[PDB]
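Presented below is the structure to which this report refers.
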There are 2 protein chains.
Amino acid sequence: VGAXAXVXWXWXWXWX
Amino acid sequence: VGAXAXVXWXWXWXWX
Ligand SMILES: [Cl-]
Ligand SMILES: [Cl-]
Ligand SMILES: [Cl-]
Ligand SMILES: [Cs+]
Ligand SMILES: [Cs+]
Ligand SMILES: [Cs+]
Ligand SMILES: [Cs+]
C-alpha cells in the first residue's frame, strides 16, 4: 500500500 | 545502505 514496492523511496535501505 | 532513501524499492510501503 502507497505506491511502488516495499517501504519508502528507493532501492534498499537508508539514503544514498 | 543500499542506494536511495529508505527500505525497498520506490514510494511508501508495499506493492503498487
Ligand atoms: Cl499501493
Ligand atoms: Cl519502497
Ligand atoms: Cl538506500
Ligand atoms: Cs509501495
Ligand atoms: Cs529506499
Ligand atoms: Cs527498513
Ligand atoms: Cs502488503
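Heads up: chain A is whatever sequence line comes first, chain B the next one, etc. Per the PDB entry, chain A residues shown: 1-16, in order. All chain B residue numbers match the PDB entry; in order, they span 1-16. For this deposited structure, the header notes the method as X-ray crystallography, 2.0 Å. Modified residues: shown as parent amino acid or X; atoms beyond the parent skipped.
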Report the name of the drug modeled at chain B. gramicidin
Curious: how does the deposit label chain B? gramicidin A
